[PDB]
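Below, a PDB structure including tolcapone.
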Amino acid sequence: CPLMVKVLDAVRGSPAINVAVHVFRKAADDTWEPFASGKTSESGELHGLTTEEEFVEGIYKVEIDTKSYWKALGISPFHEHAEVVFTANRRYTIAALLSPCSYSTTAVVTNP
Amino acid sequence: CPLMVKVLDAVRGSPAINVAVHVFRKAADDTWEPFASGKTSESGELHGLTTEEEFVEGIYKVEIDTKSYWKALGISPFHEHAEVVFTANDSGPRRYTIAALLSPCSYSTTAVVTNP
Amino acid sequence: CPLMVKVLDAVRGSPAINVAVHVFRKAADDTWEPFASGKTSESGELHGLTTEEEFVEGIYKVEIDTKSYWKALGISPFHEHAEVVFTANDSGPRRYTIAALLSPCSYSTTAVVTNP
Amino acid sequence: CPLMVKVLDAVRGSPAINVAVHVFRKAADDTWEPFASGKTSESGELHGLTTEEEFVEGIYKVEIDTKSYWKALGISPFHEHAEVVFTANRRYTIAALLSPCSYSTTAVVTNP
Ligand SMILES: Cc1ccc(C(=O)c2cc(O)c(O)c([N+](=O)[O-])c2)cc1
Ligand SMILES: Cc1ccc(C(=O)c2cc(O)c(O)c([N+](=O)[O-])c2)cc1
């Protein structure tokens, strides 16, 4: 897997489980084209979104459905979602740490 | 001033100066319409984007041009920008500060919502 | 006012009000000596901790009582406190804002250092 | 391993490698007693700090030598170090995301 997403819950101090994640690629039209999606696991990780052949250079958008996550926990959230937009060139992990009114995100890029 | 944006630089430990910020509001037809824009000041703050009359209920998008910020400092950052999307004023008018702390490959954002 | 502390609450999206802050300075004998303390205000800010004369070169420790903050709100947090330790004024006087953003099991801290 | 430390570099977008980490336990005297230490791996992780029998309830202090890390990279840091102090009761991961003038830390507590 060249692209992985990890989501953490800063209120509970745990992985953020069953968070929906959608990934898009920017098309020539500068339209966002669907690319991959899934739900984080019990470890807060979402693997196997794409393959090395399919993950070409380009601009990608990762949309994390933070609002539904907090809703499911009965906690009032500020944001509609959390979007991460980046240019791909290696292995990429996009990590997000979530609070109801705040989030942070970082890239962890490593070479096998 | 019911919508303020503040941007900090986590590398230099300073305000993030002259950062372009564009604000959009979701229209009836579900498209993003331009709402207001500006640049952060020497203090990292952007005031005067809107007014109490103009800032009605709605879904707003604050797009912070982090890429140009870092590129102007000779750094190639990870993110294209940092977008913050939220529903405003659903229970009446509020005052909103959207703050972002920037690093070349990471950012965090928070909201300070107060009742004037 | 050369040392300010600002604390935000990432759960409520608001200033963190009435947070106790204790500041220490490392002494010649390598022990921590009490330097100043206070509580954050309604805006989450703590001003007036020290003065330009009193805030000399040194290593300082800012201990933010995050545990009491959360416990008073009925939350059992992860951390005992949040400590920020830094060398101040090594290249001349600066103005320092130490900011912290709090969640029950996480916090972040940053510094804004400006030249008055 | 009931206690693990993971350190990430927000400037480079990568694990923070070869960061020294010291763990202390609060003694009855309210003195900080050395407990474990190590250096993060190429993945930014430090495992095998302790055992389940040795990791009893109590107050622990994790000191991350952020200043040396940034020094080794030729980057001027603000903080002397990053300290994380918490009470143990499960498996604990203490994660830290580092910038030269900022850091964040969170707890990821999971049950096997
Ligand atoms: C670690 C962190 C992350 C984000 C913030 C932050 O969002 C913030 C918000 C403010 O209104 C504000 O005045 C300052 N400040 O002066 O430093 C910071 C503050 C701290
Ligand atoms: C405060 C903070 C915020 C974000 C991160 C963070 O990005 C991160 C990345 C990982 O690959 C990862 O495995 C974990 N973890 O398990 O805790 C956290 C790490 C620390």
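We name chains A, B, ... by the order of the sequence lines, and we start the count at 1 in each one. First listed ligand is number 1; within each ligand, the first listed atom is number 1. Scope of the values below: all heavy atoms of this structure, side chains included, with no hydrogens, waters or symmetry mates.
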In this PDB structure, which macromolecule forms the chief contact with tolcapone (ligand 1), named as in UniProt? Transthyretin
Taking 4.0 Å as the heavy-atom contact limit, which other chains touch tolcapone (ligand 1)? B, C
Where the closest heavy atom to atom 4 (C) of tolcapone (ligand 1) is concerned, which of B:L101, C:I98, C:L102 has it? B:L101
Return the residue, atom name and 0.1 Å-rounded distance of the protein heavy atom closest to atom 5 (C) of tolcapone (ligand 1). C:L8 CD1, 4.2 Å
Give me the nearest non-hydrogen protein atom to atom 1 (C) of tolcapone (ligand 1) as residue plus atom name, then the distance to 0.1 Å. C:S108 OG, 3.1 Å
In the protein, what heavy atom is nearest to atom 7 (O) of tolcapone (ligand 1), and what distance, to one decimal place, separates them? B:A99 CB, 2.7 Å
Considering only heavy atoms, which residues of chain C annotated by UniProt as L-thyroxine-binding lie under 4.0 Å from tolcapone (ligand 1)? C:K6, C:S108
Write out the residue and atom name of the closest protein heavy atom to atom 10 (C) of tolcapone (ligand 1), then the distance separating them to 0.1 Å. C:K6 NZ, 3.7 Å
Using a 4.0 Å cutoff against the non-hydrogen atoms of B:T110, which atoms of tolcapone (ligand 1) qualify? 7 (O)
Could you tell me, atom by atom, which parts of tolcapone (ligand 1) come under 4.0 Å of a heavy atom of C:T109? 1 (C)
Within 4.0 Å of tolcapone (ligand 1), heavy atoms only, which residues of other chains turn up? B:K6, B:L8, B:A99, B:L101, B:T110, C:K6, C:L8, C:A99, C:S108, C:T109, C:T110
